[PDB]
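Here's Proteasome subunit beta type-5 with carfilzomib (bound form) bound to it.
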Amino acid sequence: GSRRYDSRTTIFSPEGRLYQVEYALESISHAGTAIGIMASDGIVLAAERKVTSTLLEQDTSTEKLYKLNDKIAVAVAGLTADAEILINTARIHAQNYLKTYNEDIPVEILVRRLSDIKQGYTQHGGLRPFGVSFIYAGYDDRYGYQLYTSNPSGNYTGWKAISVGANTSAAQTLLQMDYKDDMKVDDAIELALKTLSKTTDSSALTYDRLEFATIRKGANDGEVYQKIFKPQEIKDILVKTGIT
Amino acid sequence: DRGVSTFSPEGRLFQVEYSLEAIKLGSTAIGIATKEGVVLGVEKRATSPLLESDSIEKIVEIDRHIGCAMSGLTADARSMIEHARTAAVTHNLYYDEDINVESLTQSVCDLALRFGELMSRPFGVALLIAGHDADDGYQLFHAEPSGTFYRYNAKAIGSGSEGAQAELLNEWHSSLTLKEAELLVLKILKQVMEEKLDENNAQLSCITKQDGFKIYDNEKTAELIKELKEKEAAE
Amino acid sequence: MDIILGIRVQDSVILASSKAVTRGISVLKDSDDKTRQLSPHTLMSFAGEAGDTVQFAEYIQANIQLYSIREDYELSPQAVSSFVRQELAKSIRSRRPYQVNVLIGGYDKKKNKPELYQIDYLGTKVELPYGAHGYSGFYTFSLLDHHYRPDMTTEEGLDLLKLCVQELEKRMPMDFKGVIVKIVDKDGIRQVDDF
Amino acid sequence: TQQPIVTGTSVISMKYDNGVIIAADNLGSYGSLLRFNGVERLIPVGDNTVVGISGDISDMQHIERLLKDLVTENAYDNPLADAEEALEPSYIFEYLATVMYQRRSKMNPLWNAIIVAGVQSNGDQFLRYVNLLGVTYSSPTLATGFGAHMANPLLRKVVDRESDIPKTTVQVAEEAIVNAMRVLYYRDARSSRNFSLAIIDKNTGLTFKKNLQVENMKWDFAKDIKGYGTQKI
Amino acid sequence: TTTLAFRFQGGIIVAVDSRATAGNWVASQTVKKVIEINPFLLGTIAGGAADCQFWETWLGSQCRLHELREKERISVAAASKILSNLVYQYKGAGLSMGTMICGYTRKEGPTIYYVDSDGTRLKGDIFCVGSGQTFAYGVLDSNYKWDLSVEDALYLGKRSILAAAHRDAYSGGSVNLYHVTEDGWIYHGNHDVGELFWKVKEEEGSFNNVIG
Amino acid sequence: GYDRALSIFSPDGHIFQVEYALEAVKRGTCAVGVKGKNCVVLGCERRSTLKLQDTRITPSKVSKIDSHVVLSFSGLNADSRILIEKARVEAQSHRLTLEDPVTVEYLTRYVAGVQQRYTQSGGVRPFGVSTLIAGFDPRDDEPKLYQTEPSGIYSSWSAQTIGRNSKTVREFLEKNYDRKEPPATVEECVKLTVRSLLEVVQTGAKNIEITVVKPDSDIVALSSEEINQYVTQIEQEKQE
Amino acid sequence: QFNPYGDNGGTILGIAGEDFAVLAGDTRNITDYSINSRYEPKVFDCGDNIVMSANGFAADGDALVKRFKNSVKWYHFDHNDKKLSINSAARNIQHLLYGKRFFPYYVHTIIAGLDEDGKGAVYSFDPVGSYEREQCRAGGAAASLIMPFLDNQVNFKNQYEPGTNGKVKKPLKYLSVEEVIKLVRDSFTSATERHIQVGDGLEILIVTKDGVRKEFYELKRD
Amino acid sequence: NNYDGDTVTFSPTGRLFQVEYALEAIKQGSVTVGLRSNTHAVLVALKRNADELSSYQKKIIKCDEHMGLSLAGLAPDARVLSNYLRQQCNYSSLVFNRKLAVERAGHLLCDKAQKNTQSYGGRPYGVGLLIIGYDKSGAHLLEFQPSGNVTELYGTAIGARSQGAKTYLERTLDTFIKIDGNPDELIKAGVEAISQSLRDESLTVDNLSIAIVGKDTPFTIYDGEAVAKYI
Ligand SMILES: *[C@@](C)(CO)[C@](*)(O)[C@H](CC(C)C)NC(=O)[C@H](Cc1ccccc1)NC(=O)[C@H](CC(C)C)NC(=O)[C@H](CCc1ccccc1)NC(=O)CN1CCOCC1
C-alpha cells in the first residue's frame, strides 16, 4: 500500500533526536538573521531581509516583522508561508482570550499555545514540522517587557537579548559582550544594528535590506505603542548611529 | 519496512514472535495450582537499591476470586488488568454471580490480537491468571500476546522460565498442600534469581475459596523463607 | 435556593446567602452554604434550578483553579466574571441550559478595590454596588437605594445587611432559615459565624 | 408516523383437512371513494404460500417487492431452491413479522394487517397473522378488519377448535369463505363485489381463483320495507 | 415509600418500609429498600423502583471497581457523588430516584448523603425521603436527641416508619432496620407492621385514634 | 488519520522507538529527587551555555501539578508540557468527582499511563521524557517520591536522579543516602541534594534550581543567594 | 397519530413449592372486544429448567422471550455450557428490560424454576426491570382478582389459629403440586367468570428437577 | 521474495504469498479428521499440549444445535470465524425461523476470508476449518481454507501429517459412507483414520477429541473419560 512512500516525519533517531526537527533547524540557519533586544523601558526587533533585489517594492512589504496584537509582535526566521499559517492562528488565539476574559492575552500564554502547536507536528499526524523560528516581543501588566523564542521542536525560552536565523553563534557572542541590564531602548536600537552590521553576509548594511520595530511605553502615560519602522525611518536611524 | 500483521514463511506472525522475546527478558513469575489453593509468586528485581521495592506491583487482584501475576513489559499489563477487572465486575452486574476463571482469561486474550493497521502492536507481557470457581475449582492459566491461553497445574514465565519449568515438572504432584506449594515457589525462585532471595526482592500470594485472593506481607513471607532454609538443611 | 445578596462597600464585598434547601412541603436542610471559592480573593454565590446550581458552581471553580495552577497567578474578579458570563451565554442556546443565577464578589489586588458582579442564567452581567437575585431584589434594592453609601466600612455594611435580612424575614412568604454571610477583602475570604 | 391513504379492506382465511383457504376483495379505497377496482391483494410466494394483505396499498406494494426479492435471494447459490431448501410459509412469515416489528419500533410502521396462509413441506397447515404493531397470532380461522368481526364468527361455526380441522373438507370450507365474502359485501362500506380466492392444498397444490363475484344475494325483501316507523306508502 | 436515616452518638440508624405500589394497587409488601453496597456502605431507595434498584446496583459495581483500582474503600462522599453525577446526566429524561447514601469511613466518620434524580446532593444528620417522609419527620424530629442510646435510636427509627406506614396510604408492609457503626453495618431484622402496630399500641399506649 | 505503527517490536524483542526516547532523556539536563524525614526536595540542572537569558519568564524546570504535588523532568522540553497539562487537568477532575485531591501515587500512575498509551498507539511516537513526581498525600505527613519513564513503568524511590550524567549522581546518592536514617531536617535534605548535583553540574551559580515541598501544600522555590549559601558551605567543608 | 403499543389481554400466574414450581397462563389472545386466538401459548420453556411468560403487549412479550431465549444460548457459548441459575437469569432479564427504559416493553414478566439449593423459585418483573423473588405472583389483566386470593391461600394471610384470640397466626407451610394445581385452576375459573379478557383455555408448565411437564385445561369460551 | 510484504500484492507468476504463508500455519497445526455417512457426520481431532503440566488445546467448537467445526492453525482466528458462524446461524433462526444450510455456512466463510486477502492493512486468516452439520438435505462435511476456497466432501483431514488419514479415507470411502444409523461405528472409522497420521505418540484419554451430529443427534462434543470407549 502507501506505507512504501512514508517518510515517517515524527520518529526518533538512535541517538534520541527528532530527524525532521533537526533538519528544519538546519533550514532556518540559512534564513536572514533576526535580533531581539529587551531594555528596561522597551524592546527592539531588528531583522535582515533575504538578498534584496533593486526592483523589489520595499515600502509596501512584510517579510520578517509581523503584528499579533496591539501589545505583541514577532520576528520571523525560516519559511514565510509557514510563518503566516502560525501567525493567523496566534492572532486568532489572542482574540479568543480577549473575548473570554475581557483582558489582553499575557505574552507567555500566547507563546506557549503557539509552541504547543509546533510540538504537535513533531509527535503525531505524520506531517512535516513548520520550518519557522519566532522571536516574540511583547508587553503585559504582569511581567512587563518580555522576549521569547520558539523553534520547530515546540520548545520556547525567555531572553534579555537573542538572535535567530543565520550567524546566531557570532551574533550571540556580540550581544553577550555589549549588553547590560540597565540599558535603554535607544541604546538597544544601536546594539541591534551594530550586531547585524558585523554578522551580515552582505557587503554593507543598508536601509532597503532591513526591517525594524520597537515596543516602547513612549506613548502618553502608562500605555504601550508598537512602531513598525518605515523605509525612510530606517534610513534616518541608520545614519544617526553612524553605520552609513 | 513491513506490515505489522505480516506472516513469516514458517506461518507465524512476526510481531507476536518478537513480543515473546521481550517476555523472556522480563522478571521471573511462578504459579502452582493445588486442591487447597493456587499460589502465585514473582521476582521483583529492583534496578537499584534506592528504589523502594514495596512499590513494585507485579502481583495484582482482578476480583476477590481471581488473581494475576505478570512478566515482561509490565507497563503494558495495566490496560489488560483494567479490562479484566471491568469484565469481572460487569459480569457480576449482568448475572449476579462470580465469573469463571476461564471466561475471564478468554476475555483478556481477545484483546491480544486486536492490533494492526485497534492498537499498534501486540502486548509485550505474559500473564499468569490464577483463580477459583464452583464449576472447575482451582485453576491456573497462562495468557500470551498470541491470543492463546493454556491451563496449567504449574507454570513459570520470565527469564528463568525454562529452568524453573523443568524443576516444576519433577516437583509437582496432585496431592500438594498449600504450605508445600508456597515453599516450592520460594525454592524455585531462589534457584533462578540472580540476587539472593529475601522478603524484599520476592513476593508471594495465593487464592483460596474461603479467604479469596491475598497478597502476603513481607513479615509472613520472611517466615516462609526461614522455614524453607531450615527444611533443606535438615537432610 | 432562593435568597442571595451582595453589597460592595469601601474596602470589601459582602455576600449573604440563604441556608434553606426545600423540596415539596419539606425543608430538607437549614444549614446549606450556597457559595464556592473560585480563588483566594474571589467568591461566587449561586441560586436557581436544583442540581444545576452546584454542578455549575463546581465546574467554574474547577476551571478557575486549573488556570491558577497553570499560570501560578490569580485571575482578576473582572476576568473571572467575564469567563462565567461566557459560559452562561453559551449555555442558554444549548440543548439543556444551566438555570443558574450567580453573584461574583471579589477583591482586585492590583487595583486594591472590591468588586461585585451580578450575572443571570442568560449571561447578563452587570457590575453593581449592591446586588440580588430572585424575589429578594424587590425588597432589598429600594432599601439599599435609601440606606447605602459608597464610603461605608465593613461593619457598617454588615448592619446594612442585617437591615435587609430583617425586612425579608418580615415580608417574604417562605421561611429561608437565615443566611450565611461571607466577607471578601484584601486578606481573602472569611465567614461571619454569628449572624 | 404515517396515515394510510389508498387502503384495502378485510382479508379472511381458514384451515381445512388437507390445507388452507384465503380470500380478499379486489378494491383499493381512497377514503370513502372506491377509487381502484383491479387491485390484487393476494400475493403467492412460490407454489406453497399466499400472503393476504390489508391496509395501506403503497406499503402492500413495498411488501410485494420484498417477497419477490426474497425468492430471488433464496435461489442464489442454492441447488435445492425448488426442493428441500425452498421457501416455507413459516420462513416467509417470520421474515415479515421481523420487519413489521422493526418498523413499529422505529415509529415508522408498514400500515398493514397481513395473513400468511400456506402448507409446510411436511404437510402441516400454516396460518398466521401479523400487523403494523408486530403483533402475531395463529388460529384455525383468521381475518382482518371487518372480517374479524363478521367472518370469524361464521368460520368458527365450521372450525371452532383444532379437532374440527380434519372433519372439514375443501368443499365445506370454500363454501363458508364465499358466504363470508357475501356478508362482508352486505355490511362493509369499503368492500367490493369482485374478489380473489386462493386454496393451498397439500395434495393438489396451489389453486388461485381470480375475478370471482358475490352471488345468490337476498335483496327482494327490500321492496316491502317502507318509511322508518309509521308511513304506510 | 417511606425511608429515613439519622446520625447520632452511636453511629447511624437507617430504617425503611417495604411496600411497592402501582397507583392505588398494592403490588408488593416485601420489597427490600436498603441496598447493601458493601460492609461499610448502605443505600436507601425511594421513587421509581426500577430506576433506584438498577442504578444503586450499578453504584455497587462502581464502588467495587474503585477499591480494586485504589486499594482502598471508597468514601461516602465519592460514592454519593458517582450516583449524583450519573442521574444529573439523565436530568430531564424522567428518572425518579430519592436515595440516601449512608456509611462509615476513617477519614469522614459516620456520614449520610441525600441524593435525588434532579441532581440535588446534600450532606446532613437527619433525612426522611418518600411519599410518607413528612409523617416520619413528625415523630423523628420531636423525639430526636444526639445522646440517644443504640437501643432507643433503633426504636425511634422503627417507630417513625411505623407512624408513616400507618398514615401514608402508599407506605407499609414491614420495617427493615439497620445500624451503622465504625465496624460496619449491622442488620436489625424485618418487622411486619401487621404485628408491630398492635405490639407498639399496647406497650406504648399510643395510637388512641384507632379502635383498640 | 495517520495510522502508522511507529512503536513496534524488533527481532531481539526490543521496541527501539521507546529505547531511543530514553536516549533523549539521557541527553536532557540532570534532575534529582531526594526525600527526607518530613520533606522532599527536587534539584534540577540548568546548562550554562545559555547567557543573556531572562530567568523571570523562562519556563521553570519544576512544575506544580496541584498545590501539594510537583513534577520535574528530564528530556524533551516541549513534550514535558503536554504531560504536565494532562496531569493538571486530571488533578482538577479528581477533586471534582472524588471531592479529594489526588494522591502522589495516583497522579504518577496517570502520567505513566499516558506515556504507555503513546508506546502502542498508531501515528504517535513515545514521549522523550522521564519525570520525577513528588509531594504529600492529603492529610498525610509521609513524603512521596515517584519516577516515570517513556515505556510507562513507574516506581517509588527514597532518592533518585534522571537526565545526563545521572549515573554519576545516582552513584553518589547510593552511598550517601541511609535508608535507616534519612535527612531529619529540611536543611540536611537540601544540602544532600545540592551536594549530589555538585558532582555533575560545573558551577553552583545560576545552574542549580532547588524546590522544597513540605506537608499541607507547603511548596517554595529557593532563590540564587539561598542556594549559593549551600554551595559556599559545602566547598569549605570539602577542603579538608 | 401512530400508537406503537396495544393490549393483547390475558393473565398469568406463578406459584413456588418446596421442590417444584408452576407457571400458568390462559391461552386467549384479544384486541379490544375481539378474540384473536383461543389457543395462543404465552408460557415458554427457555432451557436450563427456566419457564418464562411476558404478558401484556404480545409483540413486546414475544420480542423479550425471544431475546432471553437467545441470551441463554449465548450464555452457554461464552461460559463453557454452564447452567444459567434462576437468580442469574432474573438479573439478566432486568438488564434486557431496563435497556429499553425510555421506550419500554409493555409487559409484566414472570419466570419460574428451581434455585441452586433445588427449591422452587418464582421471580416477577415490572415493565422497566425491577424484580423480586416471591413464593407467589399473578400478572396481567386479572392479576387484581387472583393475587389477593393467593395471599390468602398460599401465604395464609389474615388467617389465624382457631380459638387463640387472633394471637397465633396460621403457620406457613409448603404446598404439594396437587394442592397448587387446584389453586391455579380455581384462580383461573374465577378470573374467567369475572374478567372478559380471560378464558378459552389454561396451560400450566410445571418445573421439577426431572424437567418441564405441561398440563392443559379447558376454560369458558364466552 | 519482493512480493510477500502484504496480501495486496501479486507475484509475477500470479501468486499471493501472504495467503500461502497463512496456509503454512495450518500444516504446522495438529491433525484433525472429518467424515460422514448419510445419517451422521463426525469430527475427530488430535489435541496438542505445551507440556505435561499443561492442558490440551481444544480443537472443536459448536456453532449451533445442528452445526460445528474443528480447527487447525491459529486458534484465535478459529474463534473469530466460529463466532461469525454462530451469529449467521443465529440470524437465520431469529429472522427466518430457519436452520442455516451447511452449504450457505461455507459460502459465508469464503466471502469473509476473501475480503481479508484483497485489502491493504488487514491479513488473511491463519486457520483451516472442518465444518460438519445436518440440515434439510442430510449430513454434510466442508473443508475451509483461508484462501477462501471451501469444498464439500465425503471425508477429509487437515493439519500436520494429514495425508495419511486422507489416503485412508480415500480407500475406505465405500465402507464408511454406508454406516447409516450407527454413530459408534462411524466414530470408530474416524478414530482409525486419524490413527494413520500418528507418529511416536498414541491416542490417550485426555488427548483424543470427538464430535458428532446427525438425524436425531444434536452437535455434541466428547472429551475426557467419554472418549475412553474408542481407544
Ligand atoms: C413508595 C412505596 C410508593 O411511592 C415508594 O416510593 C416506592 C419505591 C420502592 C418500590 C423502591 N415506589 C413505588 O412503589 C413506585 C411508585 C412509582 C410508580 C411509577 C413511577 C414512579 C414511582 N412503583 C413502581 O415503580 C412500580 C413497582 C412495581 C409495581 C413492582 N412499577 C410500576 O408502576 C411500573 C413501572 C412504571 C414505570 C416507570 C418508568 C417508566 C415506565 C414505567 N408500571 C407498571 O407496572 C404499570 N402497570 C400496568 C398495569 O398494571 C398496573 C401496573
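Proteins come first, then strands; the chains are lettered A, B, ... in the order of their sequence lines, and each starts at number 1. This depiction is restricted to one part of the PDB entry, and every contact reported falls within that part. Order of listing sets the numbers, starting from 1, for every ligand and every atom in it. Just the heavy atoms: all of them, side chains too, but no hydrogens, waters or symmetry mates, feed the values below.
- By chain letter, those with a heavy atom nearer than 4.0 Å to carfilzomib (bound form) are E, G.
- By minimum heavy-atom distance to 1 Å, the UniProt active-site residue of chain E closest to carfilzomib (bound form) is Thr1(E), 1 Å.
- Per UniProt's bortezomib-binding annotation of chain E, a non-hydrogen atom lies under 4.0 Å from carfilzomib (bound form) in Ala49(E).
- Per the PDB, molecule name for chain G: Proteasome subunit beta type-6.
- Within the deposited model, the covalent partner of carfilzomib (bound form) is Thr1(E) OG1.
- The contact residues of carfilzomib (bound form), taking heavy atoms under 4.0 Å, are given as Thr1(E), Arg19(E), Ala20(E), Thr21(E), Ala22(E), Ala27(E), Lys33(E), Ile45(E), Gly47(E), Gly48(E), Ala49(E), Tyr170(E), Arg101(G), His108(G), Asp126(G), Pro127(G), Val128(G), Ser130(G).
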